[PDB]
> 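This is the structure I have questions about; it appears just below.
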Amino acid sequence: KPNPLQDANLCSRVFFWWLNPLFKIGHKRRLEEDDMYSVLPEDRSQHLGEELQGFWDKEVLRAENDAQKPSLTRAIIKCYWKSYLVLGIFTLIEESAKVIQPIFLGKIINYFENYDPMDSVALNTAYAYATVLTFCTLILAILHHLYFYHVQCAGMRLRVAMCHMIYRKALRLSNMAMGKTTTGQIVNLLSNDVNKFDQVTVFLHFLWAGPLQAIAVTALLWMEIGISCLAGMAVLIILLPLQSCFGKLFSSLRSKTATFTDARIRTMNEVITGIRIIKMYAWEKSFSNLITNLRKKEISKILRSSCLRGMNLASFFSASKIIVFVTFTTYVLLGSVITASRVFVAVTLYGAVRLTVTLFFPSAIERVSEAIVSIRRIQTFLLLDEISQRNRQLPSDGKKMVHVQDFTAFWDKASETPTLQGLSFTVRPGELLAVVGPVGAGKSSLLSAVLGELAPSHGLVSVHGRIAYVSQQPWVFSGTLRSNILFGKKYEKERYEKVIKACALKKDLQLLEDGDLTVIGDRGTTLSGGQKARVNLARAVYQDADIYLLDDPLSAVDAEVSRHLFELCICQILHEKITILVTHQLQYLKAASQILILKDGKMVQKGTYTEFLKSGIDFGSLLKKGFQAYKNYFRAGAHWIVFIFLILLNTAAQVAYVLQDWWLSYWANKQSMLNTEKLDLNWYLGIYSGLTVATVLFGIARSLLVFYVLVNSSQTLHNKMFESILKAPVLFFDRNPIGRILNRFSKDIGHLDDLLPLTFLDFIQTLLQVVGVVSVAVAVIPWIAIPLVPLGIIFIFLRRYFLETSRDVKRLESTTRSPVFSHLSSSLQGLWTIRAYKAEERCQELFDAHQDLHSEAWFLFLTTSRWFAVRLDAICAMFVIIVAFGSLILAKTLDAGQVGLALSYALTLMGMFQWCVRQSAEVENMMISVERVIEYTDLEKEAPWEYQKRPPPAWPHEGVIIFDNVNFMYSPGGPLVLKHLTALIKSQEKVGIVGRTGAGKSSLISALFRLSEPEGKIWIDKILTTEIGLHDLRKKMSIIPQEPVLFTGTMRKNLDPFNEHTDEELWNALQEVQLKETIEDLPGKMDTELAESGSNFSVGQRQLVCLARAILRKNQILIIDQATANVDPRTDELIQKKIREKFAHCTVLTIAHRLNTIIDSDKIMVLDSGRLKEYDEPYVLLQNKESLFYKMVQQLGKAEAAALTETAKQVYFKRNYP
Ligand SMILES: Nc1ncnc2c1ncn2[C@@H]1O[C@H](COP(=O)(O)OP(=O)(O)OP(=O)(O)O)[C@@H](O)[C@H]1O
Ligand SMILES: Nc1ncnc2c1ncn2[C@@H]1O[C@H](COP(=O)(O)OP(=O)(O)OP(=O)(O)O)[C@@H](O)[C@H]1O
Ligand SMILES: O=c1[nH]cc(F)c(=O)[nH]1
Ligand SMILES: [Mg+2]
Ligand SMILES: [Mg+2]
């Protein structure tokens, strides 16, 4: 991958010519890492990191010498100033040209108003001034982009060096430092804060260019016009504190609305998660009411924020007109006269100085402040303590011995109890030493202390040679499994075969698709704990070390793999090297050569297994303690009348803005065509003031109207799509994951609320300004129309060409920015294992490779943007030059003011055109959010909540249930879960459900509740179920679900959301719940707000609340879903006794995984994969030995079978023969 920047002439380099092959490839097909362009060797991360290491270490040596604090800022400056000053020189000369251009404009105009048809020397001077103006425009619009690239490349180099520094420091930090900090912040700053370096460098050079430019412009204007320069500069400067005040107010309002935004996101996540339960309880009306209220409360604040944003933007639009109006009002009232030169000189100078002062200086100052904060945080992290080096790399002469004497170490020095006390043990190669103790006694602490990560407070420790160690928690860095096993060591086929046959990993190889080359992501999401432990053991054994340390490696695996691993990896292999192992399994201690008992940090007994057996101490005892999107989006706002009014207001404001300078030109022309008689100042000043105030008012009104319409459209879209999704069937929510359905609630709507209105308004404003300037340029000289068509077609083709390649780069960089973060996270998580081996330069090298790839993506992203910018500026400069030369060529018929207006607007098209193009690209890129929202607008709807045929309020009188050829089906074109159910359910009877967790169980509940449209005929009290509205059906059929889930809020709403009960009834029912005393201790008597899903409550309390809601809704027909899964037997017997003592007159359908709760049931469905097999009394069912219910009973055993038979028979005799 050669870098063409190596072979690039300066003429080609300035024009960015070398990117032509890459852009041709991007047009032909897509982009990928293969098409990537390798970075310059100087741009590599390793060299920058080495330089920054040298400089930072030098300054910290200086700081230690001088007895003072260090300075990352000082190090960075002393590293980069010598190579950053030349770009400052270049920006100085560029700004000199930028400020000298209007003087040449004034000279050319000065030629115009003194026209002489027969003169030639004046025309030659005019051409000379025009061509030096061409030089000025070309140098402003050509070399500026190369300077910008070099500035941003210096910033990128700085960011890369800082990242390499922070990773290198993180990989070599101490245990106390890790305890103080966390893996979250340490990746958070590297992901967010360091990115300020790629933005601060861009505006940095304007700190020393702003005031100098302002002073130069002020001096020029003081020379040109007179006293009005002070007034103009004062008005322009007063804008800045106003900008700061609006920024502060907007930030405060955004912080105020953030809490409402977070509350809405949290509650909508909650309803999405608990959507099956909320659908089965028919509280979606209350939830929709709450969401609507919160949405209105949020929309008020965001409407205020949008209004403030629009006011700020309109004030920006009218600032230049206000400044020039004040300046010229002072100019005329002082007693001076108006010509056609000074007018446009002042206008252009104001444009330039206003742009610099308002758009660059404050952004530069705030980015510098943010970068200083970033450097302060980075140095705060960097000055953290470091692990003391041990025995350098390897000076020892092998010394294959391990010894520990009088060892007492502290995990923390502040604690009073040493973790381990007075360790004394030595081990030799070929010894199978082991340690056994209670969980948490410090065996892992002993292992780590041997690893050297624990500072020896007392005694001596001597371990020599490279060490292989396995952590208790499995760790695998993301990548190919072969790479994880190899650890970076060279590949040996026979060794890999021996390891793979010894570790019994062939099963994992054949299970995984790629086998040995399978890709594993973060935290081993593609594998299991046992597989990860086996992988770690395989890596350790392949390392082929001398001292082996294992921390409970066989705990999270089965017996066969554990015995195979232990035997055929130690008993015939590790009997020659140093082996220290800790196990919670006592079976393997027979083969252990040495065994130690450790508890309370002190040794108890060390010896052989037979010696411990003779001692009589029990180890076990010790172990136990497009366009249509635009059309719909704009229609959702308001009717087209408001749209045409808005476009008319846009046109009126733009025409007034142009007419202000046109009136200046007309005033200059009329003054020139004179002669004493004096022009009536009142008329012209009044018309000028009227035009200026019209511009300001129309801009304000336009911005407010645009924001109002867009915000109203967003609100209407959100309401419509939420109302649509709330009525969506459960199939949509089963198919779409929770994260996917919440993404368009938390992100797309957010963008539609706070970014699309402003961005669209800014784009339309810039487009109107550009089209107005071009219209002026055409109107002044009608002949400029001819080149305009080729210019436009060339621009359109260029935009398409650049956009067909920019998207690929912008997505490739985003994709490539994640692996560095993943690598940092995984390496930090496995830091103990990483430092156990001497190998860390390899980890540094892979980090360097990932950083190089990310920097390569950044480099291409920079170069493509610079190429597009230079092409656009070339076109704009061509326009400027053609306007100027046409004006000079046809000067015999024009006049000074008209020419000046034309050429000044041609001058100011610079930057405006670029901003318009960039904002158009951003808008067409980000429209995808409302595309997703409108896609969510029209999900399919279920049956209407209320039918025309309203059921009688008294139904059900009895509760007879009829199943007639009932077939349930999860989705169309899917398996038939239920097959022709035919049964009758009488009034006030108890029905059980048997079988297995493969018969459907919940399928019947889904059919009755109609989560999905079923097939067949079901009659409830001689009424066909399909003819009852969903709210008129589910409201009168209660259920206690799989997992009870309480909802965020108070108990009052969380029990009776629709509020048809009384406080006395609430307290009474809660008293029979027996949680009344449990709840009458909270800060609120009954209004205490609960945590998420009752985190402070127990599952039994959840079940009690559910049965409370059931008894309060007191419908005849109820269903219970596996009331006990892992609940304590006390709360179990409570819930069964309540359910059997409160529902004597209520029909109940019971489903459960255990027969004891349903052995007393009068009747039972026998279900098998949706097929009804038997239906009779349970004792009659078990009377037949061939019955499947009897087989299920006999599966458990005999004594429980006998008890169930006794209970069923006594129920049968008591009921049938009273
Ligand atoms: N980062 C740490 N800071 C303080 N103490 C620690 C740290 N890591 C481990 N420990 C100590 O290690 C013990 C917890 O280890 P663990 O529960 O894994 O059992 P163990 O007795 O060390 O050995 P084994 O893992 O073999 O069962 C506690 O004594 C705890 O204080
Ligand atoms: N969300 C789902 N989408 C599609 N099929 C499903 C879904 N949930 C379950 N199934 C399938 O439907 C059948 C029965 O579903 P279910 O899991 O309710 O049965 P069960 O185990 O007998 O009951 P329970 O869920 O009460 O334990 C099985 O084949 C199961 O794989
Ligand atoms: O010409 C411009 N340059 C930079 C900007 F941010 C902007 O709005 N306009
Ligand atoms: Mg431990
Ligand atoms: Mg199931």
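Counting begins at 1 with the first residue of the sequence. So how was this one determined? The header says electron microscopy, 3.9 Å. Order of appearance sets the numbers: ligands from 1, and atoms from 1 within every ligand. Side chains are part of it too, since the values below use all heavy atoms of this structure and drop only hydrogens, waters and symmetry mates.
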> For ligand 3 in this structure, which bound macromolecule has the most atom pairs within 4.5 Å, going by UniProt?
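The main binding partner here is ATP-binding cassette sub-family C member 4.
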> Look at ligand 3 and say which of salicylic acid, desflurane, fluorouracil is there.
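The right pick is fluorouracil.
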> Find the UniProt domain of chain A that dominates the interface with fluorouracil (ligand 3).
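By UniProt annotation, ABC transmembrane type-1 2.
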> By UniProt's count from the N terminus, which transmembrane segments of chain A have non-hydrogen atoms under 4.0 Å from fluorouracil (ligand 3)?
13
> Name the organism the PDB gives as the source of chain A.
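Per the entry, it comes from Homo sapiens.
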